[PDB]
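Structural view - vortioxetine in its complex with 5-hydroxytryptamine receptor 3A.
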Amino acid sequence: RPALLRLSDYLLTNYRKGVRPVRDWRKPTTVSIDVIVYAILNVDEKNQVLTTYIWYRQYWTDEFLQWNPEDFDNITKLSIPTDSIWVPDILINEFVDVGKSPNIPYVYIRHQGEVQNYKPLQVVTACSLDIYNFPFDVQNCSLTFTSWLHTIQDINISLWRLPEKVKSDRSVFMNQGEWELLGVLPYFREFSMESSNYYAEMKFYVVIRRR
Amino acid sequence: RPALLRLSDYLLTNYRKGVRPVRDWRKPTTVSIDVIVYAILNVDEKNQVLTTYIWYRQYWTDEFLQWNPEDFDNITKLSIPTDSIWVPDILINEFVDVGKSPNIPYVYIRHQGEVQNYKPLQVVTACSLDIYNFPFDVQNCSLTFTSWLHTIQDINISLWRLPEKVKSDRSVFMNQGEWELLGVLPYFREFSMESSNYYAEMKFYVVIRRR
Amino acid sequence: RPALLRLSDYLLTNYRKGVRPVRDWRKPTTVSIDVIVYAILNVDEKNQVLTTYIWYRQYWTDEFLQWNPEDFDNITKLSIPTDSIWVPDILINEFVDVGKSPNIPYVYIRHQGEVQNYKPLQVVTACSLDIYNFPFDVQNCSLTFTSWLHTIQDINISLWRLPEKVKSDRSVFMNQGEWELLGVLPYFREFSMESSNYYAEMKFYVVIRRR
Amino acid sequence: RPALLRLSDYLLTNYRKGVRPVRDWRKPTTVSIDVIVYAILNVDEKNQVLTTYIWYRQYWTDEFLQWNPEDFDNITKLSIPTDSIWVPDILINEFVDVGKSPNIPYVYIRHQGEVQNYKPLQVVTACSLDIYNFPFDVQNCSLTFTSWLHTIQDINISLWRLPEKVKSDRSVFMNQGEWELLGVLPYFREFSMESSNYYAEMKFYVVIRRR
Amino acid sequence: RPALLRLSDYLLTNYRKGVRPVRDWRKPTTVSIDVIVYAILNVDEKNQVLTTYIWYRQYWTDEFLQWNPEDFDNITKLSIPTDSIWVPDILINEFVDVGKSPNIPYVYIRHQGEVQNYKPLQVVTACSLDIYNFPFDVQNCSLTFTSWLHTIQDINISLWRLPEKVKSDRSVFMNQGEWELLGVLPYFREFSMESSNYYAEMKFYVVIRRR
Ligand SMILES: *[C@@H]1O[C@H](CO)[C@@H](O[C@@H]2O[C@H](CO)[C@@H](O)[C@H](O)[C@H]2NC(C)=O)[C@H](O)[C@H]1NC(C)=O
Ligand SMILES: *[C@@H]1O[C@H](CO)[C@@H](O[C@@H]2O[C@H](CO)[C@@H](O)[C@H](O)[C@H]2NC(C)=O)[C@H](O)[C@H]1NC(C)=O
Ligand SMILES: *[C@@H]1O[C@H](CO)[C@@H](O[C@@H]2O[C@H](CO)[C@@H](O)[C@H](O)[C@H]2NC(C)=O)[C@H](O)[C@H]1NC(C)=O
Ligand SMILES: *[C@@H]1O[C@H](CO)[C@@H](O[C@@H]2O[C@H](CO)[C@@H](O)[C@H](O)[C@H]2NC(C)=O)[C@H](O)[C@H]1NC(C)=O
Ligand SMILES: *[C@@H]1O[C@H](CO)[C@@H](O[C@@H]2O[C@H](CO)[C@@H](O)[C@H](O)[C@H]2NC(C)=O)[C@H](O)[C@H]1NC(C)=O
Ligand SMILES: *[C@@H]1O[C@H](CO)[C@@H](O[C@@H]2O[C@H](CO)[C@@H](O)[C@H](O)[C@H]2NC(C)=O)[C@H](O)[C@H]1NC(C)=O
Ligand SMILES: *[C@@H]1O[C@H](CO)[C@@H](O[C@@H]2O[C@H](CO)[C@@H](O)[C@H](O)[C@H]2NC(C)=O)[C@H](O)[C@H]1NC(C)=O
Ligand SMILES: *[C@@H]1O[C@H](CO)[C@@H](O[C@@H]2O[C@H](CO)[C@@H](O)[C@H](O)[C@H]2NC(C)=O)[C@H](O)[C@H]1NC(C)=O
Ligand SMILES: *[C@@H]1O[C@H](CO)[C@@H](O[C@@H]2O[C@H](CO)[C@@H](O)[C@H](O)[C@H]2NC(C)=O)[C@H](O)[C@H]1NC(C)=O
Ligand SMILES: *[C@@H]1O[C@H](CO)[C@@H](O[C@@H]2O[C@H](CO)[C@@H](O)[C@H](O)[C@H]2NC(C)=O)[C@H](O)[C@H]1NC(C)=O
Ligand SMILES: Cc1ccc(Sc2ccccc2N2CCNCC2)c(C)c1
Ligand SMILES: Cc1ccc(Sc2ccccc2N2CCNCC2)c(C)c1
Ligand SMILES: Cc1ccc(Sc2ccccc2N2CCNCC2)c(C)c1
Ligand SMILES: Cc1ccc(Sc2ccccc2N2CCNCC2)c(C)c1
Ligand SMILES: Cc1ccc(Sc2ccccc2N2CCNCC2)c(C)c1
Ligand SMILES: *[C@@H]1O[C@H](CO)[C@@H](O)[C@H](O)[C@H]1NC(C)=O
Ligand SMILES: *[C@@H]1O[C@H](CO)[C@@H](O)[C@H](O)[C@H]1NC(C)=O
Ligand SMILES: *[C@@H]1O[C@H](CO)[C@@H](O)[C@H](O)[C@H]1NC(C)=O
Ligand SMILES: *[C@@H]1O[C@H](CO)[C@@H](O)[C@H](O)[C@H]1NC(C)=O
Ligand SMILES: *[C@@H]1O[C@H](CO)[C@@H](O)[C@H](O)[C@H]1NC(C)=O
């Protein structure tokens with residue numbers, strides 16, 4: 001048997017995707033996320049919505065999906081389908097349409113149990129867009145990523161990179177459109193409405209000025 | 001075996017999603033629902049439809065999905081996929097398009113058997129919108145949630161919160177659009193057309209005035 | 001074991017959805033249908049199409065899905081997923097878009113073997129719409145429901161209610177739009193093009209006049 | 001056991017849908033197709049596309065799905081789900097959108113092994129539409145059906161009916177639109193680009209003149 | 001047992017689609033791709049997007065899906081469903097909508113282990129389109145195909161045909177639209193943002209001038 005097949009069997013034959021992948025239920029599943037703005041397709045002042053094509057990546061730890069490499073031909077990482085493992089329900093609020101995003105089949109996994117998921121997002125979000133300064137307008141729209149259902153005691157959200165490095169990330173931006181990206185400011189806040197439930201969310205402010 | 005995996009097996013290995021989860025078929029499955037209006041994307045007088053982005057949550061009791069925590073490391077609640085359990089067919093009438101709503105994967109479950117389902121709704125509804133008072137227009141559109149198929153003797157609908165607390169809920173409203181939300185008035189009515197079938201539905205009147 | 005679970009097992013453990021549910025293949029599967037027009041969202045003279053939101057219900061007999069109640073705690077009816085049983089391919093011709101219709105999960109079943117399926121239809125149909133009498137225009141569009149593949153010797157279509165009761169059914173119509181519903185006239189005809197195949201279809205004429 | 005269930009088991013318990021249904025791999029799977037134009041919803045000169053609602057039927061021989069009727073209560077034909085058998089990938093080129101077409105569940109099968117599949121097509125195709133003779137314009141758009149992947153040595157395409165009978169088929173046309181159908185001319189051609197691969201396709205020219 | 005069924009069983013009974021199909025994990029899975037532009041449906045300067053209907057084909061080697069023909073009636077190639085085998089996540093960046101593309105069921109396979117996948121692409125891409133030379137405008141938009149997740153050490157991308165033959169391929173172009181295709185220039189580049197990850201992508205520049 002080839003090493004990859006042996007490892008895949010050893011991992012997925014005694015694993016089920018329903019449960020949150022933690023040995024002890026008393027510990028939360030920390031998720032680190034990152035956002036890169038690839039393009040700004042449309043900014044609609046009439047409908048107060050804008051479309052952003054952003055490259056989204058996140059990683060978390062599956063305490064069940066870990067192995068010792070020397071028993072599997074020193075395999076340090078491998079790829080398996082995303083639908084064969086637990087995936088956090090980290091969803092962006094303020095959304096109005098996300099169906100344009102294709103579902104990526106595979107996710108990378110490392111022998112420590114770390115899972116890396118890279119996916120694109122074609123999300124259109126609803127936010128306030130004023131046209132007061134039309135000729136030299138500057139807009140401030142926000143993306144907030146949250147564990148839709150799980151509370152902070154189950155899922156917590158953190159940054160993959162340092163805040164300043166992602167705040168000034170124009171490395172892959174399509175810098176030839178009507179809008180110019182000034183920054184992507186992150187922000188962490190604990191959101192709570194009921195008297196006992198706290199949810200963790202991460203707000204990304206996309207700052208853009210017309211040209 | 002970790003506690004979460006043991007509990008998930010104990011629950012789902014002797015459970016099937018087809019049946020209504022009640023020990024005695026003679027008792028109805030009471031469902032408590034709540035509605036929060038997150039935004040009002042569009043109000044179309046031409047087509048007599050308006051779009052509402054509302055946060056919808058509901059809970060019910062699965063008499064099969066219950067356990068004693070002290071046998072499972074004092075696990076009081078856990079999350080499992082929504083497609084692995086019975087889910088009421090509580091659907092909003094007056095709808096014209098609901099495909100924009102993403103399907104949430106997970107639902108919370110408590111050791112009493114209570115199931116909590118949080119999901120977003122991007123529903124567009126058809127209702128009468130008059131433009132008689134255009135400059136200072138005030139509209140009155142309704143959302144009615146009902147068990148589409150099940151009668152009252154199988155599924156009944158109630159309120160999660162007290163009516164007055166939800167009638168004046170503007171806690172998460174996007175209060176920067178063309179429309180302002182004055183209230184969300186609930187109302188319970190038994191709907192019957194045939195001589196023997198009674199269905200339970202809950203009408204939510206979204207009252208909005210232009211600005 | 002609770003009665004519902006016992007009945008569900010007894011029914012679905014020795015049943016498969018591929019075959020037409022009849023003890024003798026020589027007899028057709030009679031399907032009784034009913035149509036209620038809930039609203040008329042749009043009437044497009046330019047594209048010669050109109051949209052109708054109609055509440056559709058049908059019932060048929062599954063000779064396999066029958067039981068004696070006294071052996072199952074006097075259970076006279078129960079609900080199971082629609083995708084777990086055979087469902088007739090009764091489709092409306094003249095259609096141009098039906099994707100807006102959500103798939104209802106459950107269907108009611110009675111101990112006689114009768115299956116009841118309630119579903120909504122957001123169908124848009126192509127029909128001739130003349131604008132000759134625009135100010136006082138009256139239109140006559142038709143919906144024809146047929147077993148798309150099965151011939152009359154396999155599937156036959158009948159009316160749930162008497163023709164006159166459904167011809168004057170405005171009980172749930174949204175009577176506040178641009179169009180007023182005058183009647184829904186049914187009609188049964190045997191449709192045949194090849195020299196040996198006869199198909200049963202039921203035409204519903206929706207008569208509407210502008211206002 | 002009823003005859004239908006016995007036959008369905010006998011057929012599908014020793015059958016798998018992946019392979020091409022032929023006893024000898026050296027022989028091609030001949031597919032006979034037919035096209036009937038039910039309506040011409042739209043002809044867009046701006047985008048150079050037109051929409052045709054056509055009734056499509058095809059049949060082929062499954063050498064595995066055959067039986068002797070006298071062993072199954074003289075059952076000469078039966079219906080089973082289309083997703084439970086092999087189906088040719090006969091796809092129409094020149095297409096721009098086909099998602100509007102619903103997937104038909106069932107297909108008829110005869111004891112000889114013949115499979116009959118009736119399905120509707122809401123395809124919109126891209127073809128050259130000149131507006132030179134606008135007031136009395138006559139257009140000539142084509143539909144070409146081909147085995148997308150399989151070569152002629154695996155799948156071949158033929159006509160169900162004689163060419164002249166289908167060339168003058170206006171039997172179910174919606175003859176009340178802006179366009180009138182003059183004929184549907186078939187044509188068979190072997191398409192080859194690589195030095196060794198030949199693919200069989202059937203071109204249907206829909207001839208229409210404005211009115 | 002017929003040869004095709006024997007081969008399909010021998011192949012797929014000891015094979016799983018999760019893993020990358022290589023005997024040794026230390027070697028990358030080289031993928032050869034080709035692009036043919038069938039039509040240019042729309043070029044939108046307003047939204048800075050253009051739609052291209054391109055015929056896409058690719059092939060790779062599955063080291064598990066190989067056999068010796070003389071043991072299977074000299075079967076040199078056969079077709080099996082695409083969802084039953086591993087398929088590279090080679091996705092086109094710069095995309096804005098790909099849902100229009102239908103999923104092809106089957107893929108060809110040869111006894112060496114080579115897998116051939118032919119599929120159509122209805123992708124709309126976002127690229128800079130200037131209207132400076134409107135009457136005689138010439139545009140330069142790019143398609144870049146990459147292994148979305150897998151690095152170069154896992155998936156590498158190459159050309160099926162020689163660059164010059166594909167650079168001057170107008171063999172199936174719909175040469176009757178508003179735009180004329182001057183060439184499809186390929187280009188290979190190793191894309192890297194993190195300090196250790198290198199991804200292989202292939203850029204195809206579609207050069208078009210108005211007429
Ligand atoms: C959830 O994650 C956030 C972000 O990682 C945590 O917030 C940080 O916590 C550390 C340590 O307590 C502080 O030094 C930082 O100042 C906090 N803020 C940020 C922006 O990093 C939070 O404590 C975590 N909560 C739980 C329950 O895990
Ligand atoms: C866009 O909005 C964000 C959030 O309100 C602004 O970020 C804050 O700016 C204030 C300015 O005094 C700072 O004190 C805060 O520390 C900032 N918060 C974060 C999380 O960075 C941002 O400045 C706004 N941009 C524009 C152009 O108005
Ligand atoms: C279905 O639920 C509704 C709402 O919970 C019930 O209506 C209430 O019933 C209680 C007790 O009979 C009354 O005190 C309330 O006045 C009723 N109305 C409201 C708005 O709460 C109804 O009785 C239930 N029916 C069944 C069959 O369970
Ligand atoms: C919107 O419509 C609802 C339902 O008709 C109104 O709610 C009712 O208002 C009347 C006013 O006399 C009260 O007597 C009822 O008790 C109310 N019913 C409920 C369930 O609250 C509402 O007032 C309307 N709003 C506007 C602005 O017209
Ligand atoms: C298919 O069903 C239709 C409608 O139920 C049948 O047509 C009726 O048949 C009865 C009895 O023969 C007549 O009294 C009615 O006048 C017919 N028309 C209507 C509108 O009810 C038809 O006979 C059935 N055919 C088969 C083969 O079952
Ligand atoms: C709409 O069309 C239907 C079908 O042509 C009409 O129904 C027929 O009307 C004629 C009038 O003489 C009657 O003789 C038939 O018996 C009717 N058939 C059925 C099945 O009811 C209907 O009258 C038309 N409505 C309008 C307003 O023109
Ligand atoms: C594929 O099918 C086509 C159409 O049935 C075949 O073309 C016909 O072949 C017959 C017999 O050789 C000729 O008499 C006809 O003139 C051909 N054309 C038409 C339009 O019928 C073709 O030979 C078949 N090829 C294979 C390899 O099966
Ligand atoms: C539409 O195009 C088709 C294909 O070019 C035409 O069909 C051909 O017409 C020529 C006319 O001389 C004949 O010689 C060919 O035999 C025809 N081929 C087939 C397969 O029938 C058709 O005439 C065109 N129609 C119009 C109105 O221009
Ligand atoms: C990935 O594939 C590319 C293209 O096949 C390789 O690039 C070529 O490599 C060969 C041999 O090293 C050179 O002769 C060519 O000049 C390279 N460029 C092109 C355009 O062919 C690349 O080496 C491969 N890398 C890996 C790690 O497999
Ligand atoms: C479209 O853009 C491509 C990429 O920039 C151009 O291709 C390059 O053209 C330059 C011209 O000096 C050559 O030196 C490069 O070798 C070309 N690269 C490749 C990969 O072919 C192309 O010329 C542009 N076309 C137009 C009409 O502007
Ligand atoms: C009173 C109240 C309680 C809870 C909430 S929150 C919420 C409500 C319904 C559906 C989903 C949610 N969310 C939970 C955490 N993740 C984001 C969405 C509100 C608004 C009011
Ligand atoms: C005469 C008559 C009988 C019953 C109804 S109800 C209905 C009808 C068809 C399809 C669905 C329903 N519903 C059932 C309960 N849940 C809401 C929808 C009518 C209108 C007339
Ligand atoms: C000559 C001829 C034969 C049969 C038909 S019918 C048809 C044709 C193709 C696809 C579907 C159908 N249908 C069968 C019964 N159910 C409605 C659709 C025609 C038009 C011509
Ligand atoms: C050089 C060349 C070779 C083959 C073709 S064909 C093709 C190409 C890519 C994807 C699909 C196809 N097809 C195969 C047969 N069925 C229709 C589509 C071309 C154009 C050029
Ligand atoms: C700092 C940085 C690191 C990596 C990338 S890449 C990327 C990021 C998120 C999601 C997907 C990707 N991709 C990986 C390779 N395949 C194409 C997409 C960037 C932009 C910045
Ligand atoms: C795995 O790595 C260890 C440490 O580098 C080495 O000793 C061993 O030989 C390696 N085994 C294989 C199969 O490469
Ligand atoms: C569970 O809770 C009970 C009551 O608080 C306690 O006595 C027991 O030690 C707990 N067990 C674990 C494993 O935490
Ligand atoms: C079922 O109904 C019969 C007849 O009414 C009655 O005699 C019997 O006691 C019932 N059984 C149960 C369990 O309700
Ligand atoms: C089947 O058909 C044959 C020939 O017509 C006949 O002899 C036989 O009795 C039939 N069997 C049944 C069960 O109808
Ligand atoms: C397979 O091919 C070999 C070599 O051409 C030949 O000797 C053998 O007879 C063939 N077998 C069959 C079954 O065709």
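Labels below follow one simple rule: chain letters A, B, ... track the order of the sequence lines, proteins then strands, and each chain is numbered from 1. Reckoned from all heavy atoms, side chains included, excluding hydrogens, waters and symmetry mates. Read the numbers this way: they start at 1 and go in the same order the structure lists the ligands and their atoms.
- Counting all copies, vortioxetine can be found at ligands 11, 12, 13, 14 and 15.
- In this entry, the other chains with a heavy atom less than 4.0 Å from vortioxetine (ligand 13) are C, D.
- Near vortioxetine (ligand 13), within 4.0 Å on a heavy-atom basis, the structure shows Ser147(C), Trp148(C), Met193(C), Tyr199(C), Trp55(D), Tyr56(D), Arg57(D), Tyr118(D), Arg161(D).
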